[PDB]
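Here's the structure we're looking at; comments come further down.
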Amino acid sequence: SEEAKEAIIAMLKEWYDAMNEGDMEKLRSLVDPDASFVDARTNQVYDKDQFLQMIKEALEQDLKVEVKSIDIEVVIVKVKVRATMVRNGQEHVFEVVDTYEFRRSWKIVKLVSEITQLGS
Ligand SMILES: C[C@]12CCC(=O)C=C1CC[C@@H]1[C@@H]2[C@@H](O)C[C@@]2(C)[C@H]1CC[C@]2(O)C(=O)CO
């Protein structure tokens with residue numbers, strides 16, 4: 001079980017590291033093909049290809065992230081992240097709470113993201 005936990009954590013490290021690297025090949029491999037992605041604040045729901053498309057656009061805006069905390073609670077993990085994006089020369093700063101559902105290799109089958117824009 002500790003191995004299970006340790007593997008999930010390592011994968012979330014890979015996720016966020018790949019995000020800062022801009023390596024979407026690595027992101028694609030961590031997500032189940034039938035996974036659903038939820039924007040909690042807008043109630044919008046996306047499939048994997050739609051989610052990755054949005055990631056691509058954000059990476060084009062210099063999206064960078066830093067993980068602040070990881071809490072393991074099917075494995076459910078809550079990650080708090082600070083993120084920045086540069087949009088038409090104006091940087092925007094965000095605090096995001098990402099709650100993942102991993103299902104067994106372990107794959108992400110669901111993410112709910114609460115996104116708050118903090119102001120630069
Ligand atoms: C561009 C985005 C969605 C659209 C929006 O109005 C603001 C942002 C900035 C933060 C981004 C977010 C999504 O892309 C999901 C991201 C990457 C998040 C930072 C971490 C995030 O929740 C994830 O890493 C999810 O796996």
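One-based numbering along the sequence shown. Side chains are part of it too, since the values below use all heavy atoms of this structure and drop only hydrogens, waters and symmetry mates. Atoms within each ligand, like the ligands themselves, are counted from 1 in listed order.
Going by the PDB entry, the chain with the most contacts to ligand 1 here is designed cortisol-binding protein hcy129_mpnn5. The drug located at ligand 1 is named hydrocortisone. Here the heavy atom of the protein found nearest to atom 3 (C) of hydrocortisone (ligand 1) is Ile115 CD1, 4.1 Å. With a heavy-atom cut-off of 4.0 Å, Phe37 does not touch hydrocortisone (ligand 1) at all. Among protein heavy atoms, atom 7 (C) of hydrocortisone (ligand 1) sits closest to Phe94 CE2, 3.9 Å. Proximity of atom 1 (C) of hydrocortisone (ligand 1) to the protein is indicated by at least one non-hydrogen atom lying closer than 4.0 angstrom.
Atom 20 (C) of hydrocortisone (ligand 1) lies below 4.0 Å from at least one non-hydrogen atom of the protein. Proximity of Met19 to hydrocortisone (ligand 1), defined as any heavy-atom pair under 4.0 Å, is confined to the side chain (atoms from C-beta onward).
Residue, atom and distance of the protein heavy atom nearest to atom 4 (C) of hydrocortisone (ligand 1) are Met54 CE, 4.3 Å. Residue contact check for hydrocortisone (ligand 1): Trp15 places a non-hydrogen atom closer than 4.0 Å to it.
When the heavy-atom distances from atom 9 (C) of hydrocortisone (ligand 1) to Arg41, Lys64, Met85, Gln61 are ranked, the shortest goes to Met85. Counting only heavy atoms, the protein gets under 4.0 Å from atom 24 (O) of hydrocortisone (ligand 1). Remark: among candidates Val96, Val93, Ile55, the nearest residue to atom 15 (C) of hydrocortisone (ligand 1) is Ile55, based on non-hydrogen atoms.
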Less than 3.5 Å apart, N/O on hydrocortisone (ligand 1) and N/O on the protein: could you list those pairs with the distances?
unit_1: hydrocortisone (ligand 1); atom_1: 22 (O); unit_2: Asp98; atom_2: OD1; d: 2.9
unit_1: hydrocortisone (ligand 1); atom_1: 22 (O); unit_2: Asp98; atom_2: OD2; d: 3.0
unit_1: hydrocortisone (ligand 1); atom_1: 24 (O); unit_2: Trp15; atom_2: NE1; d: 3.2
unit_1: hydrocortisone (ligand 1); atom_1: 26 (O); unit_2: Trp15; atom_2: NE1; d: 2.9
unit_1: hydrocortisone (ligand 1); atom_1: 26 (O); unit_2: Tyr100; atom_2: OH; d: 3.0

